[PDB]
A.B. asks: 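Looking at a complex of ceftazidime (bound form) and Beta-lactamase OXA-48 here.
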Amino acid sequence: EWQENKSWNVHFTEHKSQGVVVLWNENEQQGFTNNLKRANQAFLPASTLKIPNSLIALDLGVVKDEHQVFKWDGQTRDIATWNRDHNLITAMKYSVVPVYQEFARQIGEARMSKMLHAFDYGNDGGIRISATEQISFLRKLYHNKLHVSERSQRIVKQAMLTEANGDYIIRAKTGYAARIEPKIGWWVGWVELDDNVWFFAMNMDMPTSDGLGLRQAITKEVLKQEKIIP
Amino acid sequence: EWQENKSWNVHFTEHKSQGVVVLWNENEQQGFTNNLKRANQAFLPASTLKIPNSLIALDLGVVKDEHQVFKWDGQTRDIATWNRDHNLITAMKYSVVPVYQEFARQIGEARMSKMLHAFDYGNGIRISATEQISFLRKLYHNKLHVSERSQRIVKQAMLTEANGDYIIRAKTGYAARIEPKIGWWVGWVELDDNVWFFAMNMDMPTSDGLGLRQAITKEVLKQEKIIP
Ligand SMILES: *C(=O)[C@@H](NC(=O)/C(=N\OC(C)(C)C(=O)O)c1csc(N)n1)[C@@H]1NC(C(=O)O)=C(C[n+]2ccccc2)CS1
Ligand SMILES: [Cl-]
């Protein structure tokens, strides 16, 4: 069901990196990857977990809507985009750790773990997901099949909006797990075409911060190779 | 409250076109046009009516959701992108008039008018560029008399363009039957901490000029520090 495409490995080596790319054809329901064992290999979700978190914040009423403002606490941090007020949409955009940590605290770990367990997500982070596992969660979200309000899922799906043009829409989330060796960077989401939807999940070795861009770059070189995007 | 930046006219003349652009700064509650007269002049809404039409079709349940397929009837119409199955999102993107006609037949002229009159839309049905903004501002704010789900899903279906700088939600109109033949573009642009509603119409002497609807608008957004 998951075909392997060695020919994708050149994109990682051309950028002198290692990683995995997992595609899912929704109409056909075939998976495609450059490496299965790493595809099914589980890592920390670092910020790709702000997706299910936002669902729980919303569905439990920690977040009224995407317009509600979460003021700055006044503490200058070392990411300047973090030193401002935010709503769920901007907080997702700049991955504002301080904001989502104030969700995790108004919500409690007990509900978190049980709620994330209902999502069938994993198993401070707290859990471990593989790219393949990351795509099965994404498809549930796409189809409003998680057991929370459709309002929650539609709001999160709006906040995942990364890029849209006359040819496709991308809804995704970046991550970077950089507390445990290996440090590894995530990009999971999907690309919406006129008559099909391609899910993807990629992760790769990220010892620096300087290669984060390759997360999207290497993924987009695959989607061109497969003629998915022009 | 409504101001005239006449300097925008160079953008119409530069393509030897004539039209109006109407911008509404949301945070500042102040609006801008290149032509006070033509801004408030009423025109057929032609394809910009698909926004309220979609609202009504969703909120009465004729369309279950943005995924539901409306199969192509089989008539090879002139416009190629119509000749295929669509859903609410692709129907809106390609302005698929026959898909929406089946909506109408389903809903009835009666419920369609009543609702459209609960949206405070038109005045044979006409709407000015400034009037489009008032309606859009109520959709953006989820304040029209239809469910919230309805208004969200339509706002998803209007998505046109998005990057890390801005998001644009809009609908085009092309009207020819009576004169003049005019083009529409109405929508808003979602900034980090503001939103900018816009409604433009213009003279569409030829069909070729269709892309000048977005082009002339963006030159005004670009000229206004709204987009880069
Ligand atoms: C909405 O604007 C739709 N307009 C029409 O279908 C046409 N006229 O609408 C009239 C009758 C004027 C009205 O008052 O409603 C029409 C069909 S053919 C023609 N010369 N005028 C569709 N809107 C759009 C658009 O905004 O661009 C179209 C996209 N398009 C146009 C030409 C070629 C390919 C694609 C189709 S019409
Ligand atoms: Cl959206």
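Below, chains carry the letters A, B, ... as their sequence lines are ordered, and counting in each starts from 1. Each ligand, and each atom within it, is numbered from 1 in the order the structure gives.
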A.B. asks: Just need the ligand numbers or chain letters for ceftazidime (bound form), all copies if there are several.
C.D. replies: ligand 1
A.B. asks: Help me out: which other chains have heavy atoms closer than 4.0 Å to ceftazidime (bound form)?
C.D. replies: B
A.B. asks: For ceftazidime (bound form), which residues make up the site at a heavy-atom cut-off of 4.0 Å?
C.D. replies: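 At that heavy-atom cut-off, the residues are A46(B), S47(B), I79(B), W82(B), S95(B), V97(B), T172(B), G173(B), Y174(B), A175(B), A176(B), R177(B), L210(B), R213(B).
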A.B. asks: Using heavy atoms only, pick out the UniProt active-site residue of chain B nearest to ceftazidime (bound form) and give the distance to 1 Å.
C.D. replies: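 UniProt active site, heavy atoms, to 1 Å: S47(B), 1 Å.
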A.B. asks: Which residue atom forms the covalent bond reported for ceftazidime (bound form), if there is one?
C.D. replies: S47(B) OG
A.B. asks: What's sitting near ceftazidime (bound form)? I mean other ligands or ions under 4.0 Å from that drug.
C.D. replies: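 I find none.
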A.B. asks: Which residues overlap between the UniProt beta-lactam-binding set of chain B and the residues with a heavy atom under 4.0 Å from ceftazidime (bound form)?
C.D. replies: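 The overlap, by heavy atom and UniProt annotation, is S47(B), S95(B), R213(B).
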